[PDB]
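Below, chains carry the letters A, B, ... as their sequence lines are ordered, and counting in each starts from 1. Ligands are counted one by one from 1 in listed order, and the atoms in each one are counted from 1 as well.
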Number of protein chains: 2
Amino acid sequence: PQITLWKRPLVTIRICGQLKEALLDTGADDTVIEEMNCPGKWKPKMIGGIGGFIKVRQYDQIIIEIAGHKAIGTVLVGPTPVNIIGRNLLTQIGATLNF
Amino acid sequence: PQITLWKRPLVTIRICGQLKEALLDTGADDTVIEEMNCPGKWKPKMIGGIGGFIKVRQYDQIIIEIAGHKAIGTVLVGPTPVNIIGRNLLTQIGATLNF
Ligand SMILES: CC(C)CN(C[C@@H](O)[C@H](Cc1ccccc1)NC(=O)O[C@H]1CO[C@H]2OCC[C@H]21)S(=O)(=O)c1ccc(N)cc1
């Protein structure tokens with residue numbers, strides 16, 4: 001599909017058996033998902049943005065379906081205000097920026 | 001161009017006569033540029049991102065060239081980690097996400 005940018009580019013995702021809305025985010029290196037009590041091994045990470053850093057849990061090889069497109073990779077879980085699909089999974093679903 | 005997302009979507013911008021590097025950021029509502037001298041009046045605003053809120057100077061109707069494409073609109077100037085071109089200007093240069 002083609003997504004214009006008049007509004008936030010939000011899509012439905014499925015992760016850890018849950019449906020969520022998430023932002024397709026070309027400005028995020030990594031994918032960050034709002035706090036959820038998920039299983040699996042993880043490593044502590046800190047990620048920085050506008051305002052400073054938040055502490056997150058890094059899970060590897062997490063399967064996510066993004067707008068019907070399957071992806072598998074690193075998902076960071078923590079107190080983000082919005083669910084963010086970053087470049088690590090955008091590349092896997094064939095997403096480009098065009099102008 | 002069509003821009004794939006294996007690398008950060010960094011482009012050269014010209015703002016207030018100065019060349020800068022900026023990130024094309026579909027997850028940003030607003031364009032936020034690092035502290036710099038900008039001519040004219042501005043108003044104090046705050047904006048929030050992943051780590052909390054910062055104070056910025058809002059400059060309106062700023063002419064900015066983005067990867068060779070002209071925009072004129074709002075630029076927030078403040079202590080952002082990265083120069084970000086947000087949707088308020090991505091829409092002006094005809095940028096869409098595609099997959
Ligand atoms: C600042 C960017 C270089 C990086 N970020 C992605 C960015 O797209 C966030 C994504 C975002 C969006 C909303 C809330 C938090 C983070 N947007 C953002 O800070 O935009 C601000 C400027 O315009 C406003 O519109 C939305 C918030 C404001 S980030 O959220 O901090 C970020 C940093 C690291 C990773 N792995 C993932 C995301």
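- According to the PDB, the drug at ligand 1 is darunavir.
- Among all chains, the one with more heavy-atom contacts to darunavir (ligand 1) than any other is, according to the PDB entry, Aspartyl protease.
- Other chains making heavy-atom contacts shorter than 4.0 Å with darunavir (ligand 1): A, B.
- When only non-hydrogen protein atoms are considered, atom 7 (C) of darunavir (ligand 1) lies nearest to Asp25(A) OD2, 3.4 Å.
- Here the protein heavy atom with the shortest distance to atom 24 (C) of darunavir (ligand 1) is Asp29(B) N, 3.6 Å.
- Scanning the protein heavy atoms around atom 31 (O) of darunavir (ligand 1), the nearest turns out to be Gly49(A) CA, 3.0 Å.
- Residue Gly51(B) places every heavy atom at 4.0 Å or more from darunavir (ligand 1).
- In terms of protein heavy-atom proximity, atom 22 (C) of darunavir (ligand 1) is closest to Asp30(B) O, 3.7 Å.
- When only non-hydrogen protein atoms are considered, atom 26 (C) of darunavir (ligand 1) lies nearest to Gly27(B) O, 3.6 Å.
- At a 4.0 Å cut-off, not a single heavy atom of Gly86(A) sits close enough to darunavir (ligand 1) to count as contact.
- In this entry, the organism cited as the source of chain B is Human immunodeficiency virus 1.
- Considering only non-hydrogen protein atoms, atom 14 (C) of darunavir (ligand 1) sits nearest to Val82(A) CG2, 3.6 Å.
- Taking each of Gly52(B), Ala28(A), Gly48(A) in turn, the one with a heavy atom nearest to atom 33 (C) of darunavir (ligand 1) proves to be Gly48(A).
- Site of darunavir (ligand 1) with heavy atoms closer than 4.0 Å: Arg8(A), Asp25(A), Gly27(A), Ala28(A), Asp30(A), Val32(A), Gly48(A), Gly49(A), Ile50(A), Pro81(A), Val82(A), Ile84(A), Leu23(B), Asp25(B), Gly27(B), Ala28(B), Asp29(B), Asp30(B), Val32(B), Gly48(B), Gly49(B), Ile50(B).
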Inventory of protein N or O atoms under 3.5 Å from darunavir (ligand 1) N or O:
{"residue": "darunavir (ligand 1)", "atom": "8 (O)", "partner": "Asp25(A)", "partner atom": "OD1", "Å": "2.8"}
{"residue": "darunavir (ligand 1)", "atom": "8 (O)", "partner": "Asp25(A)", "partner atom": "OD2", "Å": "2.6"}
{"residue": "darunavir (ligand 1)", "atom": "8 (O)", "partner": "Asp25(B)", "partner atom": "OD1", "Å": "2.7"}
{"residue": "darunavir (ligand 1)", "atom": "8 (O)", "partner": "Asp25(B)", "partner atom": "OD2", "Å": "3.2"}
{"residue": "darunavir (ligand 1)", "atom": "17 (N)", "partner": "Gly27(B)", "partner atom": "O", "Å": "3.3"}
{"residue": "darunavir (ligand 1)", "atom": "23 (O)", "partner": "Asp29(B)", "partner atom": "N", "Å": "3.3"}
{"residue": "darunavir (ligand 1)", "atom": "23 (O)", "partner": "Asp30(B)", "partner atom": "N", "Å": "3.2"}
{"residue": "darunavir (ligand 1)", "atom": "25 (O)", "partner": "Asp29(B)", "partner atom": "N", "Å": "2.8"}
{"residue": "darunavir (ligand 1)", "atom": "25 (O)", "partner": "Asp29(B)", "partner atom": "OD2", "Å": "3.4"}
{"residue": "darunavir (ligand 1)", "atom": "36 (N)", "partner": "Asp30(A)", "partner atom": "N", "Å": "3.3"}
{"residue": "darunavir (ligand 1)", "atom": "36 (N)", "partner": "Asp30(A)", "partner atom": "OD2", "Å": "3.1"}

